[PDB]
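Structure of tolcapone in complex with PA-I galactophilic lectin.
In this entry the chain letters A, B, ... are assigned according to the order of the sequence lines. Chain A is numbered as in the PDB entry; the shown residues are, in order, 1-121. Chain B residue numbers are taken from the PDB entry; in order, the displayed residues are 1-121. Chain C is numbered as in the PDB entry, which gives 1-121 for the residues shown. The residues of chain D that appear here are 1-121 by the PDB entry count, in order. First listed ligand is number 1; within each ligand, the first listed atom is number 1.
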4 protein chains.
Amino acid sequence: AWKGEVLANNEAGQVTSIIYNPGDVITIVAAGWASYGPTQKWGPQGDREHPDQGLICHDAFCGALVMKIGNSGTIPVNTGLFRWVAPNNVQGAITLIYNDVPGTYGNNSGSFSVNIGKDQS
Amino acid sequence: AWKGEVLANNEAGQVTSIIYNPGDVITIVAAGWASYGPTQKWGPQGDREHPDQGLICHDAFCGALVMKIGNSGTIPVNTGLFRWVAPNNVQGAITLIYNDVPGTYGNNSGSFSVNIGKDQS
Amino acid sequence: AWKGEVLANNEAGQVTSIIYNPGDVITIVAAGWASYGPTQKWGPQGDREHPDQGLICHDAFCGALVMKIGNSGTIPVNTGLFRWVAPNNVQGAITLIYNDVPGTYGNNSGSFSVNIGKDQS
Amino acid sequence: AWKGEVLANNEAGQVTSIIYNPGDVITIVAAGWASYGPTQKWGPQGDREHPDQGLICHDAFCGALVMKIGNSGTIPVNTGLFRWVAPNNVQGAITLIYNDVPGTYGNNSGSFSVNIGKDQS
Ligand SMILES: Cc1ccc(C(=O)c2cc(O)c(O)c([N+](=O)[O-])c2)cc1
Ligand SMILES: Cc1ccc(C(=O)c2cc(O)c(O)c([N+](=O)[O-])c2)cc1
Ligand SMILES: Cc1ccc(C(=O)c2cc(O)c(O)c([N+](=O)[O-])c2)cc1
Ligand SMILES: Cc1ccc(C(=O)c2cc(O)c(O)c([N+](=O)[O-])c2)cc1
Ligand SMILES: Cc1ccc(C(=O)c2cc(O)c(O)c([N+](=O)[O-])c2)cc1
Ligand SMILES: Cc1ccc(C(=O)c2cc(O)c(O)c([N+](=O)[O-])c2)cc1
Ligand SMILES: [Ca+2]
Ligand SMILES: [Ca+2]
Ligand SMILES: [Ca+2]
Ligand SMILES: [Ca+2]
């Protein structure tokens, strides 16, 4: 399995040790408190009240945890995924990213602690 | 595995199908939005700003997800637990509970969607 | 998980650390060479040519690996069990036993090397 | 997971649906009765009394179950593999094969029933 920190200010995202292959089943658990700028913190589901002003993922709130798998678009993670299977032709290294507007990561703070494992299949 | 809803207004908590036995390894993923009363919602980590005025679990925020295993005290769950093992002499049915002050559940709303599975061991 | 040897000459069998609980999924893999008395040795399926009379397990060949769960009757194991759930109401420690006629274990020789693990469930 | 039969008389072996990828943990359980020509049958460990000459796998007995991962050399399987990680740099489809001398498969008979699954990792 993989365990590590995803910094909210890391615009390129945190590459994991997990290479998602066809057929794989994965489980993700994400925890902790982070900010996209304000003097408040939100969990891995982000800020349900903040407008989307050009987020890297339009299917999750500002300040949410998302991922890319190889060459994929952003996929919501939020608090995690339980025994999850990717779409046809989605494969490669999993990168975890804090959901924010491109070029606005410099004022972000905090992190999420994330676990990923491959399940039985 | 078990999947189900934990209602924020359910003071007795939601009993699951998971009977935790000595040696078991479990994974929990919790998601969603709930309130302990106010016209705002919080995720399974609850409200980090709200004081503890007699919460059923003093190790988690008001509005967080917690659990009991058989005859145990409350144990924080928050967003989930990854490949977790219980203390010596903690065993029995897992019950999931919204963290609030006893007798104050009537104004709560929303729910968490929760998955629990037993891992390889 | 558990790994150990089951001696063919051990009439009482080898009690393991694995406690089979309701709902558990287990995998067993057994290997090696043993005899119920002749100079030949057989694997964990035993001797398909030997008559069935007086064996501790009528549903496996003489020289096969079998088990008990708690105080159950004998259950065939043979080369192993893949992601197995008990079809009967059984609970308790797994004991591994060589299948032979009671009182005839003293001329037996060799052993099986066995792995047991609990699977995801 | 994959379940199927490996015929002893099939020199090319049975290609499975399981693609072994770097880091995968697999479990294999094999059962049944087969012959490399004689009237006797043996289990998936084969015949411990048969000489080693000309077999497709020098590290297993004649009549044993072996495999290839992609275009690898033969790898012993015997009764199975418990939570196994490839110790060598191998990737690709698992092919299951009966261990015999090339060109001598036509007098073989019987089969092994095999389960393969990917384990948690
Ligand atoms: C149209 C517009 C106007 C103001 C901003 C803006 O200032 C801003 C700055 C951030 O650090 C930030 O994290 C976000 N966000 O999440 O939406 C917005 C961004 C876009
Ligand atoms: C000492 C005191 C004063 C006011 C209240 C109180 O009114 C209250 C009511 C709730 O529904 C509720 O969910 C909580 N809480 O989470 O703390 C407090 C509770 C205790
Ligand atoms: C050394 C040894 C140990 C066990 C056996 C053995 O299993 C055996 C011995 C007998 O006298 C017999 O009549 C039969 N039978 O009827 O199949 C089996 C045979 C030899
Ligand atoms: C009448 C009769 C027929 C078959 C057996 C018999 O099956 C048997 C099995 C053994 O493992 C064993 O060790 C021996 N023995 O050495 O005598 C006999 C035992 C008795
Ligand atoms: C029907 C059949 C099929 C295969 C065998 C067999 O494997 C065999 C045949 C031989 O002529 C021989 O010399 C040896 N050897 O040296 O061990 C083995 C024996 C019989
Ligand atoms: C010189 C020599 C010695 C041993 C073998 C031999 O091992 C063998 C193996 C077979 O599976 C088989 O089917 C046969 N056959 O029937 O001839 C022979 C083959 C050739
Ligand atoms: Ca920002
Ligand atoms: Ca309340
Ligand atoms: Ca005997
Ligand atoms: Ca042959």
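- Put simply, copies of tolcapone show up as ligands 1, 2, 3, 4, 5 and 6.
- Lab note - other chains with heavy atoms under 4.0 Å from tolcapone (ligand 2): B.
- Taking only nitrogen or oxygen atoms, main chain and side chain alike, B:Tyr36 reaches within less than 3.5 Å of tolcapone (ligand 2).
- The distance from tolcapone (ligand 2) to the heavy atoms of B:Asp100 drops below 4.0 Å at these ligand atoms: 12 (C), 13 (O), 14 (C), 15 (N), 16 (O).
- The organism that the PDB names for chain B is Pseudomonas aeruginosa.
- In this PDB entry, no covalent tether of tolcapone (ligand 2) is modeled.
- Distance cut-off 4.0 Å; other ligands and ions near tolcapone (ligand 2): ligand 8 (calcium ion).
- Each of the following atoms of tolcapone (ligand 2) lies closer than 4.0 Å to a heavy atom of B:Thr104: 9 (C), 10 (C), 11 (O), 12 (C), 13 (O).
- With atom 11 (O) of tolcapone (ligand 2) as the reference point, the heavy atom nearest to it among B:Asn107, B:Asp52, B:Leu55, B:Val101 is part of B:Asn107.
- Near tolcapone (ligand 2), within 4.0 Å on a heavy-atom basis, the structure shows B:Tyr36, B:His50, B:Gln53, B:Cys62, B:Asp100, B:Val101, B:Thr104, B:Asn107.
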